[PDB]
**Q** 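A single structure is presented below for examination.
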Amino acid sequence: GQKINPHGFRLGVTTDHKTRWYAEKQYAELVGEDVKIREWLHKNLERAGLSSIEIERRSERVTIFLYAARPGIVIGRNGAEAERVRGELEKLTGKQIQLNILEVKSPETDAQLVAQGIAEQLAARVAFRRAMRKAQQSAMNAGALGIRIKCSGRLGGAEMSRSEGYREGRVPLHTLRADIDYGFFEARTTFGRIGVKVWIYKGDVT
Amino acid sequence: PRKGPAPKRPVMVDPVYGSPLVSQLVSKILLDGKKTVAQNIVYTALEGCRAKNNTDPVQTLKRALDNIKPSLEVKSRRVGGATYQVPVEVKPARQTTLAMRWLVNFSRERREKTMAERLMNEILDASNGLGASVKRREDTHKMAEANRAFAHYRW
RNA sequence: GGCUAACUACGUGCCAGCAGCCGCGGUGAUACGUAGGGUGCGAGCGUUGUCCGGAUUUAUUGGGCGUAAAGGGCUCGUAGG
RNA sequence: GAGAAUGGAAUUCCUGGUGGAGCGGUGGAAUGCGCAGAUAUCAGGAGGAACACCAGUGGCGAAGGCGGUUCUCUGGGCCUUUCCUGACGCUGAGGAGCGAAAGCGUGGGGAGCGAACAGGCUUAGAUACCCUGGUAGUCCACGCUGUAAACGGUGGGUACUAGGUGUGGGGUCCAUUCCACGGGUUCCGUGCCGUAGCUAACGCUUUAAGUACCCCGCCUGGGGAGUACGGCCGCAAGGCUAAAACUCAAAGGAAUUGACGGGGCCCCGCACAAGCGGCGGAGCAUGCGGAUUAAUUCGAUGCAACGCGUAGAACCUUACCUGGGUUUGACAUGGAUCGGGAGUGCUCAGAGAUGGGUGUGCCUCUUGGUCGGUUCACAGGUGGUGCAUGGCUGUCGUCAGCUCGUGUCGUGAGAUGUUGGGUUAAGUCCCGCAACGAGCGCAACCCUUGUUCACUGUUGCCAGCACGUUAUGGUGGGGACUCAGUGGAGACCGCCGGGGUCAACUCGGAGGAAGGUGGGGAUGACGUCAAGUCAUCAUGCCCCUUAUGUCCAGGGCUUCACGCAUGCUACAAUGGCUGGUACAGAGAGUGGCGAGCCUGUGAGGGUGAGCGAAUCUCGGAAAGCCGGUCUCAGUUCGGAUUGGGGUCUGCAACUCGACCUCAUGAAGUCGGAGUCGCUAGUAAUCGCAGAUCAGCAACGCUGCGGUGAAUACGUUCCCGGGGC
RNA sequence: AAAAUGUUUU
RNA sequence: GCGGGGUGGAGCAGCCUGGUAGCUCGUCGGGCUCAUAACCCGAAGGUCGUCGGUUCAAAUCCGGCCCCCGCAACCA
Ligand SMILES: CON(C)Cc1ccc(O)c2c1C[C@H]1C[C@H]3[C@H](N(C)C)C(O)=C(C(N)=O)C(=O)[C@@]3(O)C(O)=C1C2=O
Ligand SMILES: [Mg+2]
Ligand SMILES: [Mg+2]
Ligand SMILES: [Mg+2]
Ligand SMILES: [Mg+2]
Ligand SMILES: [Mg+2]
Ligand SMILES: [Mg+2]
Ligand SMILES: [Mg+2]
Ligand SMILES: [Mg+2]
Ligand SMILES: [Mg+2]
Ligand SMILES: [Mg+2]
Ligand SMILES: [Mg+2]
Ligand SMILES: [Mg+2]
Ligand SMILES: [Mg+2]
Ligand SMILES: [Mg+2]
Ligand SMILES: [Mg+2]
Ligand SMILES: [Mg+2]
Ligand SMILES: [Mg+2]
Ligand SMILES: [Mg+2]
Ligand SMILES: [Mg+2]
Ligand SMILES: [Mg+2]
Ligand SMILES: [Mg+2]
Ligand SMILES: [Mg+2]
Ligand SMILES: [Mg+2]
Ligand SMILES: [Mg+2]
Ligand SMILES: [Mg+2]
Ligand SMILES: [Mg+2]
Ligand SMILES: [Mg+2]
Ligand SMILES: [Mg+2]
Ligand SMILES: [Mg+2]
Ligand SMILES: [Mg+2]
Ligand SMILES: [Mg+2]
Ligand SMILES: [Mg+2]
Ligand SMILES: [Mg+2]
Ligand SMILES: [Mg+2]
Ligand SMILES: [Mg+2]
Ligand SMILES: [Mg+2]
Ligand SMILES: [Mg+2]
Ligand SMILES: [Mg+2]
Ligand SMILES: [Mg+2]
Ligand SMILES: [Mg+2]
């Protein structure tokens, strides 16, 4: 209601932009194609689990880094799915796409995949308290210095909306040098959708 | 304020007449942030003063300020169900400020055409002992004397 | 619905109605109406009436009286204990 | 306790002396009293009532209660070693007596006080509080009444069960006295603390609410109701005894945590105060309510809606209205099926949508890209619900807080930590502490500004050197200065002195560009308001489907008896007009910024370099200074309105654009009650730039620099908040 | 120094 | 029959006599308040029951009428 996005707050200070290109007469159209690419990838690769999509451009050539928990879905069988998604990318944009897919070393520590999993459990109708506790425990088993999860909505299929949250460790949202990874997802249930937000304090950075 | 007495900005001296009084006068005229206009007015008034009398304009301004300086003035007090007018002695800085404010306001209220020698006329009249500024000083002193019975409420 | 063994869908929309108490119905009704499913009983099953129990809620077994209901305004003194 | 006499002060009244204008009373007043001499002051007198000091932390009484002194009469208590009687004790239904004050009866008395009452004030009213008067009553005698929060809300008697410590009464003992000071000890009171124990807790605890025994009174949910009926008592008021119908599902006890308080203590904020400038009046701009309309689309409604979504409504936007079209649809995705063009140029009809012409007409390949229909699936919705939601935001609030783990306390909610003392902008620290710790907030890390160093030197800069058309750092060149932008340094109460038990902090000083957080921004804890948004997006459910979809033209969102709100320009001389002349910053630019020249009164037009920009352009900064002029005039102020002639953008300026020019010259004389902003480069004012944008109703918004104040004693009051 | 009040949502 | 009364929304002044229609409350518009009441600041509001006459001029003077009151309506 009144809290800033941690990633935007720390943008330029500790964290970096997801897109790296320069253009001053096409800026809008490159932004539009980037939006198309990201929407297409998110809409067609939910199963893999997308941590981030990172876009680079050199000269009419686009490079897409896809940070995914399980790139097995993206690569398919012997790269067939990778080739088909690349081909759909040329079909969508019209430019030469070089697509590479990267792992996440600690999916239980990356907040975006944590929100992915919590929302998936909520959609599969798992008790939200149990799901949040499992995610929290897994994060601290991995070794994060602080977890904070908040699920808001018609939790448990109820009528009134709740804002149930869990946290322990330390999550200094106000500290800029604090490396805080923020993830968000929406569990699509038979009763609207639940917003799941996750903050994970990786540690302190210069 | 609650915390304590806020610091006062030091008063500069007038380059021409070498007196902080004239600088305070121009800073009191000082409408709209036009320092140059205000001190053009003030210098014109002081030169008119030295024209109409041989004595020094800074000295005549000083004499006017002493003739307009109030010694005590009454303030509202909320004791009981009725308001009182408690007379309070006035410190030298406060009384110089009051004299300057009254001088400037009544100069602005004078009937003559231009502000410069409206202020000049008011200054000369005050130095002599006449004018609206001196009348207001006498009236405030008179009302303080009338309400002198509440000098024991001072804190 | 809970006490109380056994739950969902459809219809209705503080209406129609339910209820022993708490309460339910105001558009997602496990509480109304129907259906499927279930549970308790079974030539019976429920409801009403009445009595005892739970009620130590008249306490002999087995309670209490400063503030929760409860020490007489105070003493003298008769029967009684 | 009863009776009688009696003492002094004070009030009131009376008489006299003196003296003269008020007195009295309150928050402020008035009623009232007073020159017919009050109030005040002194003397003398009368009368009624209550007894300062002693006097409480105390004494006595069965309770109610009891305070001048003296005498008379009288009740009970306490102690004592001997003495006497020898269980004669305890309690006590019914009964009887006593029983504050108010009240009643007969008579007396009546100073003060004072229900009722009268008047004055306050008030919306004031049958009240407050003020001036004032009768019963208060007093006495004899009766009556018989009730009180008549309470220790605790019946009487008895025995037992740690202490500690005040105090009242009687003995007795001791040392020095041969008093008494003192200590003990014993018996009886009366308080406080406190163990065991008890209690729901609060608390009680040898004066039990503990452990026990004896007797009495009494309770059985809350109301109805201590009411009705009956009876008894009373002169009366009323008292005593004492139900039922009906009705509710609670009523209640103690305590916990919050919130609130016209509760306290301590604090803070432009919250007041001290100041400066406004708003509310006028004209216009803009938003909204209302009204109106075919439509005046929808959302926002105390602060925290109202120059807000709108960072741009002539068409478009557009969601609204009239009317004209369309139906797998304006747009998606997938199967089939007939295909080769799709898609378009020119024309015709039409307000346009659209429809009809005419030209042009796939690339692979024998089975794709692309489209067509017919369907089939399906799409579409700014339609509903922000009280089904996600997301995002306001807000209390930059407020100093909000919690957790473990321990501990309590039956429990819960508490402790987080209270206390000091300090701080701060739950910031310090000291002590049944707490020991941690977390989110505070702070810091980030951006910007203030000083400085190194590095680099163009498109920036020009100190020393060489020319330049006269001229322009224009030129070669230069790392000095400025600046640009990367990386460092710098501030930490770090140093010195005082205060501070110390300790945190605090005061002063030096150094320094900067000193005690240096200025500003970003950052908004747990949560609150079912706060806003289904209309940015997303979405549960519901609703529309030849229409609530969708296309188009025109209209509307711009209405106008009105009301509010935010602004702008003013009301003039610190000003208007006019000529000259200085000094910025931050920004924008290729359908763009446009110089220069020519043309026009001007908006502009015509040509048109340069610049994707530290280069070129926007560009002029304005206020200011200087010269002239106007001379207090509803004006040479003000620039609304209205008439004429235009320019530009755009398919198109009627509704409904900006601008130019000519003429016109409205209200307005500083604005009622009320109200707003601001503590320093701030307020006040002055111009400039950008977003959106063809153009612009922009005076809005977000920034930028120029000029540049007054004041803050202080926390009493108003508003908001913080700790206990 | 006096200074009142706060219907019925679902 | 005698005498009085009829004036904004209400209740009341203006009547010897002609010329200027007032106070209180209420209505309406704005403040104060979270909101209402109260209070604060501004505004509208009756051509005087009706007909006619007097007069330069009528709420005012005179008459008729309508309405509301009061009084009287008596002696056998
Ligand atoms: C009416 O339906 N029933 C009766 C209840 C109701 C039901 C559903 C709703 O969704 C809302 C409401 C009440 C309204 C009241 C609104 C009002 N406001 C519009 C001025 C207001 O007075 C405040 C406020 N000052 O705080 C609010 O709270 C408010 O805005 C709000 O949230 C509301 C709702 O939306
Ligand atoms: Mg069961
Ligand atoms: Mg249903
Ligand atoms: Mg029984
Ligand atoms: Mg029973
Ligand atoms: Mg019991
Ligand atoms: Mg007992
Ligand atoms: Mg009781
Ligand atoms: Mg008793
Ligand atoms: Mg009795
Ligand atoms: Mg006996
Ligand atoms: Mg007697
Ligand atoms: Mg005393
Ligand atoms: Mg005592
Ligand atoms: Mg014997
Ligand atoms: Mg009796
Ligand atoms: Mg009596
Ligand atoms: Mg009597
Ligand atoms: Mg009598
Ligand atoms: Mg009285
Ligand atoms: Mg008593
Ligand atoms: Mg009792
Ligand atoms: Mg007894
Ligand atoms: Mg006993
Ligand atoms: Mg004792
Ligand atoms: Mg007890
Ligand atoms: Mg009775
Ligand atoms: Mg209580
Ligand atoms: Mg002020
Ligand atoms: Mg105005
Ligand atoms: Mg509207
Ligand atoms: Mg809507
Ligand atoms: Mg809401
Ligand atoms: Mg709404
Ligand atoms: Mg901070
Ligand atoms: Mg709401
Ligand atoms: Mg919708
Ligand atoms: Mg509009
Ligand atoms: Mg550019
Ligand atoms: Mg400040
Ligand atoms: Mg007769």
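Here is the naming used below: chain letters follow the sequence lines, and residue numbers restart at 1 for every chain. Be aware that this covers only part of the deposited structure, with contacts counted strictly within it. Counting starts at 1 for both ligands and their atoms, in listed order. Only heavy atoms go into these numbers, but all of them, side chains included; no hydrogens, no water, no symmetry mates.
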**Q** Out of curiosity, which of sarecycline, amenamevir, astemizole, apixaban, gallamine sits at ligand 1 here?
**A** sarecycline
**Q** Which macromolecule makes the most contacts with sarecycline here, by its name in the PDB entry?
**A**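 The chief partner is RNA (1537-MER).
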**Q** List the other chains with a heavy atom under 4.0 Å from sarecycline.
**A**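 Heavy-atom contacts come from D, E.
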**Q** Provide the name given to RNA chain E in the entry.
**A**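 In the PDB entry, it's 32MF mRNA.
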**Q** Show the other ligands and ions less than 4.0 Å away from sarecycline.
**A**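 Closer than 4.0 Å to sarecycline are ligand 36 (magnesium ion).
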**Q** Provide the residues lining sarecycline within 4.0 Å, heavy atoms only.
**A**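 Counting heavy atoms, the site comprises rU301(D), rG302(D), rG386(D), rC387(D), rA531(D), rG532(D), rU9(E).
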